[PDB]
Amino acid sequence: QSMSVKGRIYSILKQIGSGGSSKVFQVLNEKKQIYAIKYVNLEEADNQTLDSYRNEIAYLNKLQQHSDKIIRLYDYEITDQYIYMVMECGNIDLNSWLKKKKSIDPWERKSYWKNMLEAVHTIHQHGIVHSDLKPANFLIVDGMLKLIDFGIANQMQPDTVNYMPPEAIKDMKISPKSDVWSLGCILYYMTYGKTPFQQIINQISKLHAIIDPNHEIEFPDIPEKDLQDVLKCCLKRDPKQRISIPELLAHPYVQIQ
Ligand SMILES: COc1ccc(Oc2cc(NCCC(F)(F)F)c3ncc(-c4ccc(C(=O)NC5CC5)c(C)c4)n3n2)c(F)c1F
């Protein structure tokens, strides 16, 4: 089944994500190369939705320069009815590559963490706060992770409120610190193999736990202390307390050997 984007033509290998009025497809060009293509349908001109999407393209466009830990965008076409974005295709998302795994190599867990921070630092410099980070939002492309999205649009899910931080639940304000927390949970889950409450099931309880000063988060012993320190510093409950992405970038855990 064909597709046209700026008069270049694309044959769909398959759908790889869906949500709202948009679908993502793995696809091939004329010269047998792979790409993802996000196709959004504007027939439902929910006007908040529509500006959310014009805003995502705008940013995705601007962050092409400042980092390649950010998914590449080769082209797009937008009209009143549709939006096609032709992007990079990753081998695999992170959320998967983790569930098909028992032991993560410590060196990889570090290199993925670096990549994580770099990408999140990049979007903070441009004043974006994701506030929705989870493993799905990252993506493997030749050893490097790359952030796929910014939290601008009511995002797809491939084909969970573990990573929800405290401030987002009491506040019913969002700073950068909010992404740190979710990053911690993602690192947490990469060391221990469960987010910090994959084991509470009562949702009313789970969010009382996320916000209960007197619930001591269980921090096991591990081969490397630095990691353990990074993890405690990220999963603090006062944002004013919590470590920053710039402090995180100058941490021993990311800098030494
Ligand atoms: C939360 O929304 C998601 C939706 C779909 C997702 O899955 C995937 C899986 C991929 N692996 C492809 C390899 C395969 F399966 F074909 F073998 C892949 N490659 C490029 C993109 C991709 C690219 C761009 C965007 C995107 O729209 N980002 C916004 C424009 C900023 C999305 C959601 C996924 N994806 N996306 C995902 F991980 C999400 F987090």
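Chain A is numbered as in the PDB entry; the shown residues are, in order, 516-674, 686-698, 710-794. Remember, it's 1-based here, ligands and their atoms both numbered in the order they're listed. We use all heavy atoms of the structure for the numbers below, so side chains are in, but hydrogens, waters and symmetry mates are not.
- By its PDB name, the drug at ligand 1 is BAY 1217389.
- Per UniProt, the macromolecule in most contact with BAY 1217389 is Dual specificity protein kinase TTK.
- The shortest heavy-atom distance from BAY 1217389 to a UniProt active-site residue of chain A, with that residue, is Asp647, 7 Å.
- Residue counts put most contacts of chain A with BAY 1217389 in the UniProt domain Protein kinase.
- Source organism of chain A, per the entry: Homo sapiens.
- In chain A, the residues that UniProt lists as binding ATP and that have a heavy atom under 4.0 Å from BAY 1217389 are these: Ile531, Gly532, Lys553.
- Residues contacting BAY 1217389 within 4.0 Å (heavy-atom distance) are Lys529, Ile531, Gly532, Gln541, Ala551, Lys553, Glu571, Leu575, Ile586, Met602, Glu603, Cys604, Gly605, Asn606, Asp608, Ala651, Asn652, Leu654, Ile663, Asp664, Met671, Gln672, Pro673.
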